[PDB]
Each structure stands twice: as structure tokens, then as C-alpha cells.
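When a residue number appears, it is its place in the shown sequence, counting from 1. Technique stated in the header: X-ray crystallography, 2.3 Å. Just so you know, ligand 1 is whichever comes first in the structure, and atom 1 is the first atom listed for that ligand.
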Amino acid sequence: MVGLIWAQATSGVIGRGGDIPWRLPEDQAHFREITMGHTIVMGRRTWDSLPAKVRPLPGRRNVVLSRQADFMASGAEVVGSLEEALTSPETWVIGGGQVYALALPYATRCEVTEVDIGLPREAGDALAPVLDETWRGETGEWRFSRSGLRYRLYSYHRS
Ligand SMILES: NC(=O)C1=CN([C@@H]2O[C@H](COP(=O)(O)OP(=O)(O)OC[C@H]3O[C@@H](n4cnc5c(N)ncnc54)[C@H](OP(=O)(O)O)[C@@H]3O)[C@@H](O)[C@H]2O)C=CC1
Ligand SMILES: COc1cc(NCc2ccc3[nH+]c(N)nc(N)c3c2C)cc(OC)c1OC
């Protein structure tokens, strides 16, 4: 099984300036809950985007895609392709616009957090992948963060 998990603004924006344009602790919790104890796959840029104190992501087998051969990611496995990175029976892809798009054709689950912030898609934005008609979605209800950010959860699966 290969799962994708991400948090996006309604517009599909997941990242800008090498960072995420919001803070939603409830989403961190969700991300942590789902990926804990599993293999995670992330782009080199996601790795670099991780605050120092949560890299490698504790409690998960960290795998980082990079084309750079000298690239070292302390406490993670650096690999040069998705197919070397998808070796584990249940891998969560957590890891970058570029990487969701590579990983998409292999995935059978997605966990999406939608954050209710108006943020136009911009050139350079890391963006969420589009799920075509092969996918079946379950949409959760809007909630309010302790921080007043409205957000909701979607779960997607397919044959
Ligand atoms: N809201 C959320 O859920 C998401 C938030 N984000 C945000 O997304 C952004 C990062 O995403 P993005 O900018 O798209 O970068 P990515 O995380 O998708 O990683 C891009 C890097 O991954 C490597 N990679 C790309 N595809 C391949 C391939 N086919 N073979 C070998 N290596 C490959 C390259 O590494 P290299 O250049 O070293 O060769 C490339 O530079 C950041 O802003 C981050 O904060 C991060 C994850 C989750
Ligand atoms: C800037 O501060 C932080 C930034 C990040 N970025 C990576 C990150 C953040 C939210 C996420 N939310 C979902 N639904 N899925 C993901 N794939 C995801 C990822 C991959 C992760 C952190 O901890 C996990 C953190 O501090 C705790």
C-alpha cells in the first residue's frame, strides 16, 4: 500500500517559500497519528523544510528522494528514485508537491487536511495533486482549530 498525506489550503497550495503558509497543530497531530510507526517518503525539499528538531521524523522510517549524490540526510535513507523509495509494504508519501505527483500513480490512499484559508495558487507554490475519477472520497466536517483556523479532513481510496 502507498498512501499520500498532505495539508492544503482550499486552493491546493501546500507550500510557499520553502515553508507551509499556516500553522495548524491539529493537523500536525493528524499527520503524526497516521504516519507514526510507518515508512515515510519525502522530497529533499520537504526534508530541508522540516524544523531541525523533527528531522528525522521521530518514530517513522525516514526516506528522502534526492538526485544529488552527495546528499546526506542524517537519520534517513537517501534514495535516487521513487521505486527504491517505495520498498515498504505500507509507505506514507508525506513529501512535497513534486513528490506527490511522482507517487500518485502508485497510491491507493490519500489523507488530506483542508485548511480554510484563501491563498491563490502561484508559480512556485508546492501544490496538492488532483485526484481523478478513479478515486473515492469521504469528506469530514469543518472544524475550528484552537487557533480559529477552520479545517476539514478528507480520506480517499481506490482499487
Ligand atoms: N502542507 C503539507 O502537507 C506539505 C507542505 N510541504 C511544503 O511543500 C514544499 C516542498 O515541496 P516541493 O517544493 O515540491 O519539493 P519536494 O518536497 O517534492 O522535493 C523536491 C526535491 O525532491 C527530489 N525529487 C523530485 N522528484 C524526483 C525524482 N523523480 N527522482 C529523484 N529525486 C526527486 C529532488 O531533490 P534534489 O533537488 O536534492 O535532487 C527535488 O529537488 C515545501 O514548501 C514544504 O514546506 C512539504 C510537505 C507537506
Ligand atoms: C514549520 O513547522 C513544521 C513544518 C512541517 N512540514 C512538513 C509537514 C507539515 C504538516 C503536514 N500535514 C499533513 N496532513 N500531511 C503532511 N505530509 C505534512 C508535512 C510533511 C512538519 C512539522 O512537524 C511534523 C513542523 O513542526 C511540528
Original post:
For ligand 2, what drug is listed?
Top reply: trimetrexate
**OP:** State which chain has the largest number of heavy-atom pairs within 4.5 Å of trimetrexate (ligand 2), named as in UniProt.
**Re:** Dihydrofolate reductase
Subject >> UniProt-listed substrate-binding residues in chain A closer than 4.0 Å to trimetrexate (ligand 2) (heavy atoms) >> reply: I5, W6, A7, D27, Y100, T113
Subject >> trimetrexate (ligand 2) contact on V112 by region, counting heavy-atom pairs under 4.0 Å >> reply: neither
Subject >> chain A: UniProt NADP(+) binders within 4.0 Å of trimetrexate (ligand 2) (heavy atoms) >> reply: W6, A7, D19, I94
**OP:** Report, in ascending order of atom number, the atoms of trimetrexate (ligand 2) lying under 4.0 Å from any heavy atom of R23.
**Re:** 1 (C)
**OP:** Mind checking whether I5 contacts trimetrexate (ligand 2) via backbone (N, CA, C, O), side chain (CB onward), both or neither, at a 4.0 Å heavy-atom cut-off?
**Re:** both
**OP:** Tell me, please: is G95 in heavy-atom contact with trimetrexate (ligand 2), that is, under 4.0 Å?
**Re:** no
Subject >> Atom indices of trimetrexate (ligand 2), in the order listed, that fall short of 4.0 Å to a heavy atom of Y100 >> reply: 17 (N)
Subject >> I20, portion touching trimetrexate (ligand 2) at heavy-atom distance under 4.0 Å >> reply: side chain
**OP:** Provide the number and element of each atom of trimetrexate (ligand 2) under 4.0 Å from a heavy atom of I94.
**Re:** 17 (N), 20 (C)
Original post:
In chain A, which UniProt domain contains the majority of residues contacting trimetrexate (ligand 2)?
Top reply: dhfr
Original post:
Atoms of trimetrexate (ligand 2) less than 4.0 Å from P51 heavy atoms?
Top reply: 1 (C), 2 (O), 3 (C), 4 (C), 25 (C)
**OP:** Compute the minimum heavy-atom distance from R32 to trimetrexate (ligand 2) and say whether it is under 4.0 Å.
**Re:** no
Original post:
Between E111 and trimetrexate (ligand 2), which part of the residue brings a heavy atom under 4.0 Å of the ligand: side chain, backbone, both or neither?
Top reply: neither
Original post:
What does the PDB entry report as the organism for chain A?
Top reply: Mycobacterium tuberculosis
Subject >> Atoms of trimetrexate (ligand 2) close to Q28 [distance to a heavy atom under 4.0 angstrom, numbered from 1] >> reply: 26 (O), 27 (C)
Subject >> trimetrexate (ligand 2) contacted by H30 (non-hydrogen, < 4.0 Å) >> reply: no
**OP:** Write out the residues of other chains lying under 4.0 Å from trimetrexate (ligand 2), heavy atoms counted.
**Re:** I5, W6, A7, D19, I20, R23, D27, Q28, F31, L50, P51, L57, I94, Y100, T113
